[PDB]
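Snapshot of CHF5074 at Transthyretin.
Here is the naming used below: chain letters follow the sequence lines, and residue numbers restart at 1 for every chain. Both counts, for ligands and for their atoms, begin at 1 and track the order of listing. Keep in mind that the numbers below use all heavy atoms, side chains included, and drop hydrogens, waters and symmetry copies. So how was this one determined? The header says X-ray crystallography, 1.5 Å.
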Amino acid sequence: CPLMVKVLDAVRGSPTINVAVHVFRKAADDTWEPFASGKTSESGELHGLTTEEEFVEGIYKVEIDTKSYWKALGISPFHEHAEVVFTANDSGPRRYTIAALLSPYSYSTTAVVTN
Amino acid sequence: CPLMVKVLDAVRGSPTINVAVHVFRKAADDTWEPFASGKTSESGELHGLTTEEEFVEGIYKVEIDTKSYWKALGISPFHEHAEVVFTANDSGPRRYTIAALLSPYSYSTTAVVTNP
Amino acid sequence: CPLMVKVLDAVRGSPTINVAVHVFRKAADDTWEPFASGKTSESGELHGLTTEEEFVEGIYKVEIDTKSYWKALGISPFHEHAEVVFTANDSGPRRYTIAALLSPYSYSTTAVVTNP
Amino acid sequence: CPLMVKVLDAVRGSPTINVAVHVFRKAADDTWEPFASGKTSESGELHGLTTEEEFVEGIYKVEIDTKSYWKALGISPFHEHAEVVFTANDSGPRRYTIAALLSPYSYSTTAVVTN
Ligand SMILES: O=C(O)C1(c2ccc(-c3ccc(Cl)c(Cl)c3)c(F)c2)CC1
Ligand SMILES: O=C(O)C1(c2ccc(-c3ccc(Cl)c(Cl)c3)c(F)c2)CC1
């Protein structure tokens with residue numbers, strides 16, 4: 001599993017459950033081509049987005065649909081989504097975890113990159 | 001000054017100086033149209049981006065050129081840039097500060113929305 | 001003004017107003033001695049805590065009374081308070097801003113150390 | 001495992017390995033009594049600090065020795081440590097994960113509290 005996303009809720013002190021995540025890859029014409037999508041589980045994790053064969057070098061965008069998450073809890077948040085844009089696999093295959101912590105008017109994101 | 005950006009460096013504990021910031025507005029066709037841009041000052045702030053008359057309700061994207069900032073420091077960064085996408089509304093408190101705290105593999109951002 | 005504190009609310013997107021902040025200095029016996037205190041202003045800032053003559057090198061603790069802030073908003077918080085413990089040195093850039101961003105179950109803090 | 005600590009490094013994009021963690025519990029005289037301690041593993045996690053029987057109600061302080069971590073990597077950081085102080089188990093036993101993200105001049109911490 002070369003690309004995983006884990007999301008926490010800073011208001012309730014819990015995993016962020018059932019947040020939609022869309023991954024895009026920049027094409028030659030510089031548009032964002034849809035690459036993979038899914039929803040976080042009860043543990044706040046999203047596994048199984050892609051495979052090592054499919055996850056080639058490129059510039060990827062991970063979009064976390066935070067507005068839908070807050071609106072479904074009856075909260076009006078500030079951001080449309082949380083986005084993370086990065087070059088991947090440019091020195092060979094790596095494994096990426098995108099971690100995020102969400103508040104209605106704020107988010108933090110970090111990356112854990114292994115072997 | 002309805003929209004301001006402030007950027008901090010979590011590695012050096014300093015304002016983020018001379019970093020390019022681009023603001024875009026989402027058009028009817030759903031593309032991002034350039035709206036305003038600048039470079040942060042010695043205090044890490046970018047003022048005077050827009051005016052009240054120009055800053056109408058809609059969806060805006062603030063892009064911070066973090067990759068060039070880290071590279072100028074000889075530091076290898078993770079992100080291509082930091083992006084903040086939000087709706088401006090008139091029922092809200094008028095003045096928007098977008099704040100960001102930068103590390104090579106992480107960033108945090110918050111909005112401070114205040115005042116009459 | 002060698003030491004300043006600024007506090008932001010990540011739930012409401014606003015400065016954290018009227019929150020108690022206590023500063024302590026570590027004594028020779030290793031206890032924490034009261035040093036300075038105040039409440040944040042309408043802009044979430046606390047200025048005038050100390051002076052250059054009083055703010056000597058040593059270990060300091062800044063305690064932000066976050067629990068009372070959230071309770072006043074009717075919100076159940078996790079932390080008893082937020083604490084920031086650091087050494088002040090004279091080889092460093094003189095002015096210290098302690099910044100904190102608050103959520104009910106989380107806080108982030110950074111230091112901005114600048115200027116002659 | 002009712003109390004766990006997980007720490008990430010925002011500079012290197014990796015788990016924070018071998019950071020010391022000390023837990024204290026406030027005594028009746030309001031002093032901080034040592035309660036448990038350990039070091040994070042290669043995954044950045046610290047398990048096995050306490051048991052459900054020992055982890056009674058009280059005010060606990062989790063101190064993450066971030067200065068020793070940065071100094072061992074040849075970096076001079078700002079903070080002495082990162083501290084998290086909270087009341088635990090006041091509505092019955094819960095499981096607590098204290099998560100932290102570290103930079104030389106900054107840290108963030110969040111809590112995940114379950115059942
Ligand atoms: O004038 C402001 O808004 C300042 C400020 C800017 C940013 C923050 C800040 C603090 C913590 C985080 Cl995680 C983030 Cl994203 C931003 C902060 F606490 C203060 C003090 C410089
Ligand atoms: O298994 C993980 O990776 C977990 C985790 C997820 C997120 C973080 C985290 C903690 C703080 C910040 Cl600011 C950010 Cl962006 C992420 C954290 F410290 C830990 C513990 C749930």
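Taking 4.0 Å as the heavy-atom limit, the other chains contacting CHF5074 (ligand 1) are B, C. Near B:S108, meaning under 4.0 Å from any of its heavy atoms, are these atoms of CHF5074 (ligand 1): 13 (Cl), 15 (Cl). Organism of origin for chain C, per the PDB: Homo sapiens.
At least one heavy atom of C:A100 sits closer than 4.0 Å to an atom of CHF5074 (ligand 1). Among protein heavy atoms, atom 18 (F) of CHF5074 (ligand 1) sits closest to C:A99 CB, 2.9 Å. When the heavy atoms of B:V7, C:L8, A:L101, C:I98 are ranked by distance to atom 8 (C) of CHF5074 (ligand 1), first place goes to C:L8. At a 4.0 Å heavy-atom cut-off, CHF5074 (ligand 1) touches B:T109 through the backbone alone. Between CHF5074 (ligand 1) and the UniProt L-thyroxine-binding residues of chain C, heavy-atom distances under 4.0 Å are seen for C:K6, C:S108. Nearest non-hydrogen protein atom to atom 20 (C) of CHF5074 (ligand 1) is C:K6 CD, 3.3 Å. The residues lying within 4.0 Å of CHF5074 (ligand 1), counted on heavy atoms, are B:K6, B:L8, B:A99, B:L101, B:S108, B:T109, B:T110, C:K6, C:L8, C:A99, C:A100, C:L101, C:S108.
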